[PDB]
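Convention: sequence-line order gives letters A, B, ...; per-chain numbering from 1. Determination method: X-ray crystallography, 2.0 Å. Any value given below was found using the heavy atoms of this structure, including those in side chains, with hydrogens, waters and symmetry copies removed. In listed order, ligands and their atoms are each counted from 1.
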Amino acid sequence: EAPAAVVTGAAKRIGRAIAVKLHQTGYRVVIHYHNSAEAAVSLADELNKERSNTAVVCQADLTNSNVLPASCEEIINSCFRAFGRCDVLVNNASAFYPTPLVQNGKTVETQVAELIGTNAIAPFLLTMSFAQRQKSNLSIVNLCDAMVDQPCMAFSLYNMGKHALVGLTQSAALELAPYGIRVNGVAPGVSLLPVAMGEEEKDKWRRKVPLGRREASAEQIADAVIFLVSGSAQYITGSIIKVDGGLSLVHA
Amino acid sequence: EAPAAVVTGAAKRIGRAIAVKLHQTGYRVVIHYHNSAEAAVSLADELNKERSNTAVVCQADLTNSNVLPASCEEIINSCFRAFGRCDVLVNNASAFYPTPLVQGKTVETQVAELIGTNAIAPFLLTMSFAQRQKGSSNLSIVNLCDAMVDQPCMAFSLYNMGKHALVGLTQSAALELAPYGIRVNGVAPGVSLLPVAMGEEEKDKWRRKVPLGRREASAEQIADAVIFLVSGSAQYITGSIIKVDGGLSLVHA
Amino acid sequence: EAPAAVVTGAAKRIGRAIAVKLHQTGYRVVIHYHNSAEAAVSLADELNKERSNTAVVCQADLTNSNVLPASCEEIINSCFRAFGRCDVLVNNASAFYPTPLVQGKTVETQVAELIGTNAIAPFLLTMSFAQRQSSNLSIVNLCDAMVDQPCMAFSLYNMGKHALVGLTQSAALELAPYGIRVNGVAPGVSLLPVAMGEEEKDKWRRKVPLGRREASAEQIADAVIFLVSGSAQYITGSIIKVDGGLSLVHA
Amino acid sequence: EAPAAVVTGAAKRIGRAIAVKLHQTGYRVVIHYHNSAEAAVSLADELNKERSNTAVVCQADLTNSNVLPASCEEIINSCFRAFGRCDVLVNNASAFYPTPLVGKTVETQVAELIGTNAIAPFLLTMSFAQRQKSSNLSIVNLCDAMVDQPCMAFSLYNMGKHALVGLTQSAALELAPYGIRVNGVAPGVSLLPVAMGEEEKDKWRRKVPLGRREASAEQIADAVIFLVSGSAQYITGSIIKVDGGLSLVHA
Ligand SMILES: NC(=O)c1ccc[n+]([C@@H]2O[C@H](COP(=O)([O-])OP(=O)(O)OC[C@H]3O[C@@H](n4cnc5c(N)ncnc54)[C@H](OP(=O)(O)O)[C@@H]3O)[C@@H](O)[C@H]2O)c1
Ligand SMILES: NC(=O)c1ccc[n+]([C@@H]2O[C@H](COP(=O)([O-])OP(=O)(O)OC[C@H]3O[C@@H](n4cnc5c(N)ncnc54)[C@H](OP(=O)(O)O)[C@@H]3O)[C@@H](O)[C@H]2O)c1
Ligand SMILES: NC(=O)c1ccc[n+]([C@@H]2O[C@H](COP(=O)([O-])OP(=O)(O)OC[C@H]3O[C@@H](n4cnc5c(N)ncnc54)[C@H](OP(=O)(O)O)[C@@H]3O)[C@@H](O)[C@H]2O)c1
Ligand SMILES: NC(=O)c1ccc[n+]([C@@H]2O[C@H](COP(=O)([O-])OP(=O)(O)OC[C@H]3O[C@@H](n4cnc5c(N)ncnc54)[C@H](OP(=O)(O)O)[C@@H]3O)[C@@H](O)[C@H]2O)c1
Ligand SMILES: Nc1nc(N)nc(NC2CC2)n1
Ligand SMILES: Nc1nc(N)nc(NC2CC2)n1
Ligand SMILES: Nc1nc(N)nc(NC2CC2)n1
Ligand SMILES: Nc1nc(N)nc(NC2CC2)n1
């Protein structure tokens with residue numbers, strides 16, 4: 001039977017490109033989403049029209065809280081309920097906004113919980129449930145960030161979250177290797193910029209990229225995910241592949 | 001007059017060595033602690049006997065919660081209320097225990113303790129530190145990281161994530177606070193003082209792995225690096241993390 | 001027509017797997033070799049049998065010397081002479097032996113072999129590659145996942161491989177505006193040396209988290225292939241470890 | 001008796017600050033130099049005037065060649081011959097100039113950039129260690145905070161410095177059992193010459209988060225002194241950046 005993947009925040013942009021390419025490759029997918037219900041359900045309908053009963057949606061807030069463990073356990077469960085298995089987990093869902101150390105109107109506790117939750121704690125709880133329920137080509141891939149060591153100004157909690165994700169990637173690769181589960185990452189630099197991003201705001205970041213002076217397409221990021229879930233990456237674990245067009249190599 | 005430092009989890013071991021060496025260099029210290037009240041107060045007594053009105057304690061749980069911002073603000077406030085200033089912050093307090101992904105604390109609690117103490121508390125401490133400064137000294141922060149974060153212990157995933165996060169704060173905060181004159185750096189031990197309840201056989205197993213001396217670092221050795229980072233000899237150093245590991249991270253499996 | 005690749009030290013083991021997998025995907029290959037002439041020609045014969053006029057050999061010492069630039073120029077030239085083009089360069093050739101700091105080769109020779117093959121040849125090859133330029137041009141450098149946790153007494157090897165990391169980054173940066181991508185593949189324990197004891201091979205194997213076994217040469221070639229493919233067209237400056245978790249294990 | 005250090009390229013700028021600062025802490029210094037004879041001798045004079053018989057000069061080209069091993073052995077010998085001991089070695093001498101991949105020859109570009117930044121440091125380390133085979137022995141290597149985000153067209157330089165990182169780790173590992181520590185100090189922008197363009201110097205200074213300015217040579221030397229000091233007795237294989245946050249700034 002066909003394998004199954006969970007992709008978090010999979011309704012739009014890069015998560016969608018991931019889920020669609022996995023689907024194109026023959027996976028059944030669970031499309032996790034948070035606020036993007038229309039796009040999530042429109043996407044699962046598109047994929048089910050191509051192959052009946054191959055896409056399902058699952059809503060969940062991945063903000064850290066007393067209930068996050070249960071939410072993540074449920075996301076994994078949806079995959080098993082629908083498809084009877086879970087072969088792959090893509091941690092793509094991520095909050096990203098500035099959190100100045102020195103003075104949007106959220107509280108710091110809410111900043112902490114949204115940035116560290118989505119980027120690190122949820123990934124960890126998802127990995128925990130993924131692993132527990134494995135009772136093959138099993139693997140996890142985490143959406144990281146090529147610029148963690150040269151981070152954006154005032155994005156300390158985001159950056160802290162992505163660095164945590166790299167440590168989860170290494171820690172989880174180490175511990176789950178004996179269960180046959182590989183754990184790896186893909187680290188974009190500038191990929192899709194918000195549709196909002198005034199077309200010349202984009203170019204300020206686009207002009208910085210040595211390979212092409214353009215952002216990555218979502219499909220280019222997904223290509224790396226697909227490679228890491230594939231049988232061509234069977235020996236690869238604990239690895240994080242940057243797909244940044246050289247941007248992290250560019251000095252100030 | 002004399003500058004002041006906040007040292008978290010300062011009641012024993014490495015934190016204590018840091019607070020003692022900073023005191024010996026002329027700092028007034030706030031000795032934060034969580035459960036170690038008798039050691040915290042015994043230490044402040046010793047330092048105030050050496051120089052009156054130079055050491056104060058501050059109890060606070062740094063587990064993550066909706067009140068942790070408030071606790072961290074208070075820690076900083078206790079330094080200003082005692083000493084009228086806060087010149088350095090050492091983020092040393094840290095929970096450390098295994099959190100297996102698979103095969104009595106709840107995971108919510110495992111998360112809140114390991115991520116709180118190792119990362120979120122340091123972030124919040126740093127925010128309160130920075131907000132309380134003026135907008136005229138050698139202001140800096142030092143974070144106690146971990147040399148082994150890229151080759152971590154088996155089943156310590158939450159701890160490791162906390163330390164990696166600390167690394168990212170170090171960088172992020174160095175970048176953001178450099179314009180305020182506030183340097184931010186790290187010291188990354190390997191094996192320093194060891195558990196109370198591990199056998200000499202297991203302590204010897206870790207010791208044998210250290211290329212420089214086949215021995216763990218003394219707490220004073222770690223403190224030496226902190227002192228360097230706070231000193232005027234490191235005034236251009238920010239965003240840097242100094243490993244003090246006797247080569248242990250260079251040893252392959 | 002078909003693209004062409006240069007693969008250094010391609011006569012056996014990992015370089016052979018790279019050149020065969022490249023050939024299997026439709027590339028014409030230059031099989032560079034140094035001492036392994038019988039295996040080089042035997043491989044080019046096997047590939048030309050499968051597809052006539054698709055494999056050629058090229059002998060060259062990649063020890064550092066004042067003629068090394070010329071050797072590396074010739075390697076690239078062989079590719080253009082045979083196939084009219086050069087689309088891919090795989091820097092696989094490498095010397096590897098201990099060079100203790102507290103000690104039959106002289107140190108001048110240890111330096112020239114370990115630094116030349118693992119770093120300066122690669123640099124010179126990439127220069128020649130670049131100067132000689134629809135397409136998907138890229139370079140893949142064979143690095144080593146253990147550079148930060150190196151073997152005892154292999155300082156010149158390790159320096160070579162760390163230098164290869166730097167070329168990777170520096171070349172990626174500089175050649176990106178010419179459309180040329182530059183990336184690496186960093187094995188841990190892959191094929192073991194035939195002169196190793198089976199007992200000492202097993203000791204390294206038992207260290208690998210993922211399978212307690214060394215990588216096959218094919219498994220390394222897979223990652224090279226990915227990097228040269230159209231699926232990696234935004235990837236440059238990147239080095240992919242293929243080590244089964246070996247570098248994440250503490251002492 | 002006072003300890004002795006060798007500092008390479010010590011006639012001017014950062015090497016000079018290192019030597020001066022070591023001298024100020026009670027070391028006898030061997031001031032190595034290449035072309036800067038008048039500054040080397042003028043410095044040794046100043047230091048000897050302060051404390052008689054505590055500074056000596058030693059000329060050597062550190063470009064890679066057949067004779068580099070010998071030259072590096074002599075540099076170490078000059079310290080033993082003058083002072084009867086050698087306790088620290090600072091590898092500061094370095095060539096730095098562009099080497100585009102697309103008036104010197106490439107063979108000479110290779111020998112100067114890789115020799116000064118890497119191979120000489122290795123050979124010095126080898127001689128240092130062999131001559132040893134209370135006491136605080138260490139080596140400190142001048143690295144470069146920007147090796148992972150290198151300057152455009154400085155391939156060979158960057159390869160050199162990455163190599164130096166590798167030697168640092170490899171030597172730390174191998175020499176730790178002899179009690180010899182090996183560490184590095186990684187500047188970002190420190191002294192920029194007043195001959196370099198005010199616009200281009202301003203671009204660089206404006207990029208530094210901490211102060212919008214270059215490090216003084218003395219600030220770099222401070223980090224060297226820390227690492228040689230008894231306050232760094234457990235530190236080995238570590239490289240300390242002294243870059244004012246410059247390497248944390250994205251493009
Ligand atoms: N685009 C880039 O240049 C770039 C660069 C570096 C790294 N990355 C990484 O690549 C990934 C994908 O990037 P993207 O730009 O496609 O991401 P994005 O659009 O900003 O976010 C992806 C998804 O995250 C979900 N999300 C946000 N908050 C959530 C919450 N509290 N709970 C559950 N889900 C939540 C959203 O779901 P809903 O809309 O359904 O609410 C969203 O569709 C992320 O991991 C990101 O950090 C991207
Ligand atoms: N020892 C080592 O080999 C080693 C190795 C690598 C890195 N490090 C790093 O070096 C630092 C110091 O190490 P160490 O061994 O001295 O540390 P430790 O003894 O394990 O912990 C130091 C203190 O942290 C405080 N702490 C724990 N949980 C807390 C909480 N929830 N709220 C507030 N405080 C809490 C405790 O204070 P109370 O006792 O008062 O409760 C404890 O005494 C740590 O940052 C560590 O991660 C140490
Ligand atoms: N095998 C591993 O576990 C492993 C681990 C980490 C990294 N790697 C890296 O992966 C790549 C291939 O590894 P491998 O194990 O296949 O390597 P290998 O067999 O040791 O080397 C491949 C070829 O290197 C060539 N070579 C050696 N000295 C040369 C010289 N002076 N001039 C020109 N060519 C020379 C040889 O060519 P000839 O026989 O024709 O003379 C040899 O067949 C290398 O870059 C290696 O450093 C391998
Ligand atoms: N200044 C900076 O912003 C900066 C930034 C990053 C890293 N660094 C690193 O820090 C160190 C000191 O830098 P700096 O700028 O003071 O250095 P520098 O002026 O460029 O060079 C230092 C000395 O190296 C010696 N040297 C050059 N070529 C040589 C050769 N072929 N043989 C022997 N010696 C040779 C020269 O000595 P003679 O004058 O006697 O010929 C020179 O005075 C270097 O390791 C450097 O790469 C500096
Ligand atoms: N790094 C990152 N992380 C998230 N979650 N979202 C985004 N969106 C980018 C601004 C387009 N980027
Ligand atoms: N917080 C922390 N971090 C590490 N690595 N080790 C320790 N060890 C102490 C015995 C508890 N504590
Ligand atoms: N060139 C190279 N590099 C490594 N790491 N390993 C090997 N193994 C070959 C059998 C010696 N070769
Ligand atoms: N990185 C480096 N290395 C050397 N030797 N010299 C320099 N000089 C810079 C122009 C001040 N930079």
Open item on the list: I keep wondering which chain grabs ligand 5 the most here. What name does the PDB entry give it?
Closed with: Pteridine reductase
TODO: Report the name of the drug found at ligand 5, as recorded in the PDB.
DONE: cyromazine
Open item on the list: Okay, with a cut-off of 4.0 Å on heavy atoms, which other chains neighbour cyromazine (ligand 5)?
Closed with: A
Task: atom 4 (C) of cyromazine (ligand 5): nearest protein contact (heavy atom, Å) - done: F96(A) CB, 3.2 Å
Task: Close approach, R13(A) and cyromazine (ligand 5), non-hydrogen under 4.0 angstrom - done: yes
- [ ] Mark up the atoms of cyromazine (ligand 5) that fall under 4.0 Å of a heavy atom belonging to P194(A), in ascending order.
- [x] 10 (C), 11 (C)
TODO: Output the list of atoms in cyromazine (ligand 5) that are nearer than 4.0 Å to some heavy atom of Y158(A), sorted by atom number.
DONE: 1 (N), 2 (C), 3 (N)
TODO: Identify, by atom number and element, the atoms of cyromazine (ligand 5) in contact range of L193(A), meaning under 4.0 Å from any of its heavy atoms.
DONE: 11 (C)
Open item on the list: Mind listing the residues near cyromazine (ligand 5)? I'm using heavy atoms under 4.0 Å.
Closed with: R13(A), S94(A), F96(A), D145(A), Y158(A), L192(A), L193(A), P194(A)
